[PDB]
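Chain A is numbered as in the PDB entry, which gives 815-939, 994-1063, 1065-1167 for the residues shown. Note that ligands are numbered from 1 as they come in the structure, with each ligand's atoms numbered from 1 the same way.
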Amino acid sequence: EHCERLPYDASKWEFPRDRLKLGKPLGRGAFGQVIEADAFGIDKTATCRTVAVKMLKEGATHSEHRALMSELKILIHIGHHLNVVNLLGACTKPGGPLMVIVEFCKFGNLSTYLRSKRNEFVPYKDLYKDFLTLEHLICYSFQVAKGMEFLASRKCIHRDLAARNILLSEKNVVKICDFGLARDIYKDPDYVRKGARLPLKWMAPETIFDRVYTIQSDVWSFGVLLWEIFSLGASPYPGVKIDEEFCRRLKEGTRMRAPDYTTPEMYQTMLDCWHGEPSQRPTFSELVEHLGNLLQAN
Ligand SMILES: CNC(=O)c1cc(Oc2ccc(NC(=O)Nc3ccc(Cl)c(C(F)(F)F)c3)cc2)ccn1
């Protein structure tokens, strides 16, 4: 499951630490961090490139180092896709810290970004040049579904799909990622204490109750991600304490109301992703086809 059998090809991925100029932090948890860096010649010969470097911080143990190595292997296993954050290289040599180097995405995470554009949105479109529109939102949804369809094809599951784990790069390209240990999950209100600190508002009933993670529970989370996108970055389940009674109502069939910027069809898609039976939710392949059609109709 963590790719401990498949090897690391150093000649392909290894990047020298002394060609990496580390800069300002991009995100910090308790044990992990992401740092902005300039990398000389990491992918194009003798060309300086801005990159994002995931690494441990002081306080990390070897257990987190093992987790970071497994993350490097998972990214190598998954391979390249436009809508998955692109692995560029790694620093794995002894005598320095493990570093996982990925592409830098200009606009950061999608939640924060959308939350800043409420005053820069029109449903259908020079004064409006940098505005989001309904087309951008369906387009972002489409791209995340394509990315997840790809992940499913590599026999992977995300386990933490949410707008905070989507990056927005140039030209309206979104990329799925996992900040993981580079997010302070104690101080982040999206992760609630259960037994573990877990993203309960994004989790399917079977995951909350039976600790079952499959690609179909990722579909549930994708539905919540849609809600985040068509609320322009609102926090899910507004006005609700996330306690025992929330978990019961969810099981009983309670669901979020339509968000402010949704279409009727998009809301029905959120409801489809939140079907109580995992097998009756759409697949990511069906989500791709469906969102592609909605993009046409738009
Ligand atoms: C302003 N710009 C930034 O702040 C910024 C910050 C970045 O920080 C990041 C750096 C590295 C990562 N690492 C992953 O994502 N690891 C990963 C592990 C398992 C799995 Cl399954 C996946 C997958 F496949 F889901 F994608 C991805 C995540 C975010 C990157 C770009 N830009």
Open item on the list: Quick one: do you know the drug at ligand 1?
Closed with: sorafenib
Open item on the list: So, counting contacts under 4.5 Å, which chain has the most with sorafenib (ligand 1)? Name it the way UniProt does.
Closed with: Vascular endothelial growth factor receptor 2
Open item on the list: I need the residues around sorafenib (ligand 1) for a figure - heavy-atom cut-off 4.0 Å, please.
Closed with: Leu840, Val848, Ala866, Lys868, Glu885, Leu889, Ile892, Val898, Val899, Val916, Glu917, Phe918, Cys919, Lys920, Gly922, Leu1019, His1026, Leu1035, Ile1044, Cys1045, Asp1046, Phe1047
Task: Contact atoms of sorafenib (ligand 1), heavy-atom distance to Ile1044 under 4.0 Å - done: 25 (F), 26 (F)
Task: Numbered atoms and elements of sorafenib (ligand 1) in range of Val898, under 4.0 angstrom, heavy atoms - done: 24 (F), 26 (F)
Open item on the list: Checking a contact table here: which protein heavy atom is nearest atom 11 (C) of sorafenib (ligand 1), and how many Å away?
Closed with: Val916 CG2, 3.6 Å
Open item on the list: Can you name the atoms of sorafenib (ligand 1), numbered from 1 with element, that are less than 4.0 Å from a heavy atom of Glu917?
Closed with: 30 (C), 31 (C)
Open item on the list: If you measure every N or O of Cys919 against every N or O of sorafenib (ligand 1), does any of those distances drop under 3.5 Å?
Closed with: yes
- [ ] Identify which UniProt-listed ATP-binding residues in chain A lie under 4.0 Å from sorafenib (ligand 1) by heavy-atom distance.
- [x] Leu840, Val848, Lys868
- [ ] Please name the UniProt domain of chain A that makes most of the contacts with sorafenib (ligand 1).
- [x] Protein kinase
- [ ] Measure the distance from atom 21 (Cl) of sorafenib (ligand 1) to every protein heavy atom, then report the residue, atom name and distance (to 0.1 Å) of the closest one.
- [x] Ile892 CD1, 4.0 Å
Open item on the list: Which of the numbered atoms in sorafenib (ligand 1) are under 4.0 angstrom from any heavy atom belonging to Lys920?
Closed with: 1 (C)
Task: atom 9 (C) of sorafenib (ligand 1) [closest protein heavy-atom partner, distance rounded to 0.1 Å] - done: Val848 CG2, 3.8 Å
- [ ] Indicate yes or no: does an N/O atom of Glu885 lie under 3.5 Å from an N/O atom of sorafenib (ligand 1)?
- [x] yes
- [ ] Kindly confirm or rule out an N or O of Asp1046 lying under 3.5 angstrom from an N or O of sorafenib (ligand 1).
- [x] yes
Task: UniProt active site of chain A closest to sorafenib (ligand 1), heavy atoms, to 1 Å - done: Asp1028, 8 Å
TODO: State the atoms of sorafenib (ligand 1), each with its element, that fall below the 4.0 Å cut-off from a heavy-atom position in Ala866.
DONE: 7 (C), 30 (C), 31 (C)
Open item on the list: Within sorafenib (ligand 1), which atoms have a heavy atom of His1026 less than 4.0 Å away?
Closed with: 25 (F)
Contact table sorafenib (ligand 1) N or O to protein N or O, d under 3.5 Å:
{"from": "sorafenib (ligand 1)", "atom 1": "2 (N)", "to": "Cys919", "atom 2": "O", "distance (Å)": "2.8"}
{"from": "sorafenib (ligand 1)", "atom 1": "13 (N)", "to": "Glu885", "atom 2": "OE2", "distance (Å)": "3.0"}
{"from": "sorafenib (ligand 1)", "atom 1": "15 (O)", "to": "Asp1046", "atom 2": "N", "distance (Å)": "2.8"}
{"from": "sorafenib (ligand 1)", "atom 1": "15 (O)", "to": "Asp1046", "atom 2": "O", "distance (Å)": "3.4"}
{"from": "sorafenib (ligand 1)", "atom 1": "16 (N)", "to": "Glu885", "atom 2": "OE2", "distance (Å)": "2.7"}
{"from": "sorafenib (ligand 1)", "atom 1": "32 (N)", "to": "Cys919", "atom 2": "N", "distance (Å)": "3.2"}

